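Figure: talquetamab in its bound pose on G-protein coupled receptor family C group 5 member D.
Chains are lettered A, B, ... in the order of the sequence lines. Here chain A follows the PDB entry for its numbers: 1-221, in order, are the residues you see. Heads up, chain B uses the PDB entry numbers, so what you see runs 1-214. We're sticking with the PDB entry numbering for chain C, so the shown stretch reads 20-268, in order. By the numbers in the PDB entry, the shown part of chain D spans 20-268. Below, all heavy atoms of this structure are taken into account, side chains as well, without hydrogens, waters or symmetry copies. So this one's electron microscopy, 2.7 Å, going by the header.
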Amino acid sequence: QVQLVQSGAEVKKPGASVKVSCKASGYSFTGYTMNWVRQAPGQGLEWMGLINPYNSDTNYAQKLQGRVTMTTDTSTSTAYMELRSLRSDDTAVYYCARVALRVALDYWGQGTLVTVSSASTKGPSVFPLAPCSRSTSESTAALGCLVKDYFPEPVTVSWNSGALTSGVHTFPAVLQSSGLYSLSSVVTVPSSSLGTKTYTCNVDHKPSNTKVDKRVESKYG
Amino acid sequence: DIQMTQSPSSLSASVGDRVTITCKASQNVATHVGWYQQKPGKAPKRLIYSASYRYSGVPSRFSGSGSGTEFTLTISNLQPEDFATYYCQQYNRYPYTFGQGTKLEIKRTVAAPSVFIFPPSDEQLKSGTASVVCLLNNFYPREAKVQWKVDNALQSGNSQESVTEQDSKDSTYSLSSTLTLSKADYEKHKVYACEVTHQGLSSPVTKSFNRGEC
Amino acid sequence: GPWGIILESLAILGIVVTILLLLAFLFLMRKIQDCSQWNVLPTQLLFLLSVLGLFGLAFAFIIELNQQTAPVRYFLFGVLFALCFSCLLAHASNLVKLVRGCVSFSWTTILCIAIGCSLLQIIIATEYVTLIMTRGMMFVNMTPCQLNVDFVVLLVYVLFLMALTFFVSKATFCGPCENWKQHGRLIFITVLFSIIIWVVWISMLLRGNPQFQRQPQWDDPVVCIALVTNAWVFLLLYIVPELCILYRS
Amino acid sequence: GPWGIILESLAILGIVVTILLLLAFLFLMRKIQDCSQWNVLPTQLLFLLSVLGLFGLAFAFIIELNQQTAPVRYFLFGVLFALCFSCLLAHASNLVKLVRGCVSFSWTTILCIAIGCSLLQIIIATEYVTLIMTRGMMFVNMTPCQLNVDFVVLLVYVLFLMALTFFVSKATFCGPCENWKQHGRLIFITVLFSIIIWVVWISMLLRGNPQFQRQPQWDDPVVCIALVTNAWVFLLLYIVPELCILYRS
Ligand SMILES: CC(C)CCC[C@@H](C)[C@H]1CC[C@H]2[C@@H]3CC=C4C[C@@H](O)CC[C@]4(C)[C@H]3CC[C@]12C
Ligand SMILES: CC(C)CCC[C@@H](C)[C@H]1CC[C@H]2[C@@H]3CC=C4C[C@@H](O)CC[C@]4(C)[C@H]3CC[C@]12C
Ligand SMILES: CC(C)CCC[C@@H](C)[C@H]1CC[C@H]2[C@@H]3CC=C4C[C@@H](O)CC[C@]4(C)[C@H]3CC[C@]12C
Ligand SMILES: CC(C)CCC[C@@H](C)[C@H]1CC[C@H]2[C@@H]3CC=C4C[C@@H](O)CC[C@]4(C)[C@H]3CC[C@]12C
Ligand SMILES: CC(C)CCC[C@@H](C)[C@H]1CC[C@H]2[C@@H]3CC=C4C[C@@H](O)CC[C@]4(C)[C@H]3CC[C@]12C
Ligand SMILES: CC(C)CCC[C@@H](C)[C@H]1CC[C@H]2[C@@H]3CC=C4C[C@@H](O)CC[C@]4(C)[C@H]3CC[C@]12C
């Protein structure tokens, strides 16, 4: 019934402006106030402002005044939010939330990720992670692929892409001080499995169209 | 503004247990408090409006109560799909303010971590930098404390930790600690160790390697 | 539930009927020569227009509670009900002065009693709506209890008009003239039924709905049911018997 | 600034003078045998009981806006001025029914007219104050322009009462009896001076203050000066001449 559909995720520079759209369907768009709520990665929800589509009356948060502009288009029933003079702390997931009467924020958009960073689009660098001296009993061996120095999110890493699922851990990426990202993908195999079975990491960075397929083994070729 | 404080920040429980999250308002917000549930990667979902009313399609397990500056969300019969982050929000006056969020976690028995260490690859050394990786497989609880000891010396400010979410199979965490150095800095030491402590191990366990034996 | 398709039909037919009776009154304005019962006819025309307004306003409660429709409800409900009860009060006052044997009021005077008694409710409603929509938060951040309490408390002058019309219509029961007693009897019956209906839905909205754990699911249904039912009481217990009495003269 | 210990001293002197006027009017209320002049002695007492209520309210404008004084201002200013102008209107209506040869009203009727011509302003003021306090942002969160606009618009019924009193007191100038048109002359002069003062301070608050680039430090001084001046006009142009006329018996 009631649906709020936003635009796609966007990557900006820390001197630019961003526009986030919110198409509303399934209800009379004119008679319901629209809030905009942003969430930083790993933080809580933060309220930014509201717009009434009937008369285009807006109300912004105190810390955001001067750079946020909320508009509505009744003919297409779409709410737009503009943020100017972007900073690195403005990297967040943005939601349009509808307000009905007697109630609270009942309908939400799926969220639009705005990533504000000065780094450029870079291909990932994939390195193997193998133990120095394995097979000293303890048949719970671990292998890995380290993906480093890529931008932007995300990267999907698959071990052989159809085979290894048991004991596969893909850690969340951490933003380095260089502005690029890095993560690790580890797999747990028995100590007799390696040496008779090949291992590859399908790396599928979409914004760079980069596939590496690095093979992991203890030293040697 | 009106500060809205949640308690506790994170609690652990099992399926079928009854849990209570407390929200406290700095000012009198009457009964204009809602409760929302958010899953990782998804938008917040409506649970409670007006501090005691349930939306349509909300299960009867969630129950809101309280008034004034004291509000309470109670889950009676916990379910596997109920484990998420819960927020209390006030709409008595503008601006809207949310709580910091209470994370709901699956409680289980304490499991010891499996500790491994990975040296920098020689391709990465040819690139210019070196990264030593410390891997901690399935363990519980999340609080594990990791020291990076090189030549029996403690380094700080050059290690980054990545922690996965709770596993859908056995409800266990995993940790990866990455230490970064330059090639000139890496080709200065000979003992490279990773020590970890956790309250599922009798003693903090270390894993060591030396360059030249890999 | 089906309350959105039954009541709407009960509205729509009513919208037809209160037009036809309106026509059935207007033609009578060309055929009634009594100079005593003719003076009530413009007031009854205003009453029929207010009943048509009530039947049209029922759609505002059938349609979803909106930020657009809430001022419409909170202004039109009390204003139209006060217009109906002020027309009834003017007719009852004319009957009080007629049964005692005095000369009946002119139609202009009866219309002034009908309109000026509803002006206070107009002032109250426009002040409340303007203050909420301008100085308030545009109904946005109000709990269901606050909205129900405001909706009930906004009708205190209408309730006073109901009680006053009840007592004035009861005062028609004694006097030397007996042919004007039936009109006051119809007004008394209509006001008593309206008072019973108002007590019922106010008790259901303020206390009955939270008791059965049906708040705010039953608020708009009980208000719409009360609106349609009391409009039909106005049509069937007052307007139709008045038409029947005026036709056989 | 300089408006201190001048407006306050004038308010205290006005309180003392109006208490002495209450004492004198209570003394002369029991020392008259005329049944026609006596009929205004109760309501004028209420008029005096309003004028004192004005002067103390001036203190509420000496203190800043705060939260405990803004409802007091926004209620009592309109209520007390409506009481004053309603008492003046009742006296003027009693004079209009005189002069032309008819008998005067009873004192109960004049007092009822004075109370009922201010009950509407009482209702309007309590509705506005309650809606601002409960169902909206309070006076501490309002801009000075919104506060001034609300304060001026809240006195529309008071301005209507002023115009009605002006036109009623103008209508008593034509008549055979020369004994009663002096009271109407006093009422006419008092209402004309009140109209002049109200026009001056409304123009100063709404338009003169932004054009003089001094806002809001000439809001409370201007309203307090207008209040004190109008209360002193009420004392000196109406109460004192009526006292001197009534003393001659
Ligand atoms: C709150 C305010 C607006 C209510 C006003 C109600 C007025 C219009 C009503 C209330 C009581 C009524 C009076 C009750 C009794 C009589 C005596 C009768 O022989 C002539 C009509 C007369 C004089 C009525 C005229 C209308 C009346 C004055
Ligand atoms: C809030 C304001 C606008 C309310 C106005 C209502 C009051 C002041 C007025 C409006 C119409 C008036 C009535 C009109 C006609 C008559 C007939 C007359 O022989 C006696 C007085 C009486 C019965 C009036 C009583 C007062 C009255 C009810
Ligand atoms: C003749 C008699 C019955 C008339 C009564 C008039 C007065 C007392 C009534 C009429 C309308 C009423 C208001 C209607 C609505 C509200 C909003 C509610 O949230 C607080 C009370 C408040 C502000 C009411 C206060 C009392 C009020 C001003
Ligand atoms: C808004 C409402 C409440 C205002 C009410 C004003 C009333 C009290 C005023 C307005 C006009 C006045 C009338 C004007 C003229 C006359 C004719 C005179 O020979 C007797 C007094 C009489 C009949 C006045 C009585 C009082 C009166 C009816
Ligand atoms: C908001 C409500 C409470 C306002 C009430 C004011 C109205 C309805 C009432 C209050 C006092 C009333 C007046 C009291 C006395 C008389 C004298 C009578 O011979 C004619 C009507 C007349 C002149 C009344 C007219 C209507 C009146 C002005
Ligand atoms: C007899 C006549 C003069 C009486 C007039 C009564 C009505 C029309 C007046 C009296 C009080 C008025 C209100 C007083 C204050 C405000 C606040 C302002 O921000 C918007 C308008 C609003 C809400 C006014 C609307 C009109 C109002 C309700």
Map talquetamab onto the structure by ligand number or chain letter.
-> chains A and B
Identify the other chains in heavy-atom contact with talquetamab at a 4.5 Å cut-off.
-> C
Report, by number, the residues of chain C within 4.5 Å of talquetamab (heavy atoms only).
-> C:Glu83, C:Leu84, C:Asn85, C:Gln86, C:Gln87, C:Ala89, C:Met156, C:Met157, C:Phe158, C:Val159, C:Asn160, C:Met161, C:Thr162, C:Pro163, C:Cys164, C:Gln165, C:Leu166, C:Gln234, C:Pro235, C:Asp238, C:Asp239
Tell me which residues of talquetamab have heavy atoms closer than 4.5 Å to chain C.
-> A:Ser28, A:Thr30, A:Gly31, A:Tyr32, A:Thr33, A:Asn52, A:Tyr54, A:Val99, A:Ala100, A:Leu101, A:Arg102, B:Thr31, B:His32, B:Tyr49, B:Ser50, B:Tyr53, B:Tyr91, B:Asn92, B:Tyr94, B:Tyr96
What does the entry say about the source organism of chain C?
-> Homo sapiens
Name which transmembrane segments of chain C (UniProt, N terminus first) hold a non-hydrogen atom less than 4.5 Å from talquetamab.
-> 2
Would you mind checking chain C against chain A (talquetamab) for donor-acceptor pairs under 3.5 Å and listing them?
unit_1, atom_1, unit_2, atom_2, d
C:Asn85, OD1, A:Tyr32, OH, 2.6
C:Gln86, N, A:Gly31, O, 3.4
C:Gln86, OE1, A:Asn52, ND2, 2.7
C:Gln86, NE2, A:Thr33, OG1, 3.1
C:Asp239, OD1, A:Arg102, NH2, 3.4
C:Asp239, OD2, A:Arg102, NH1, 3.4

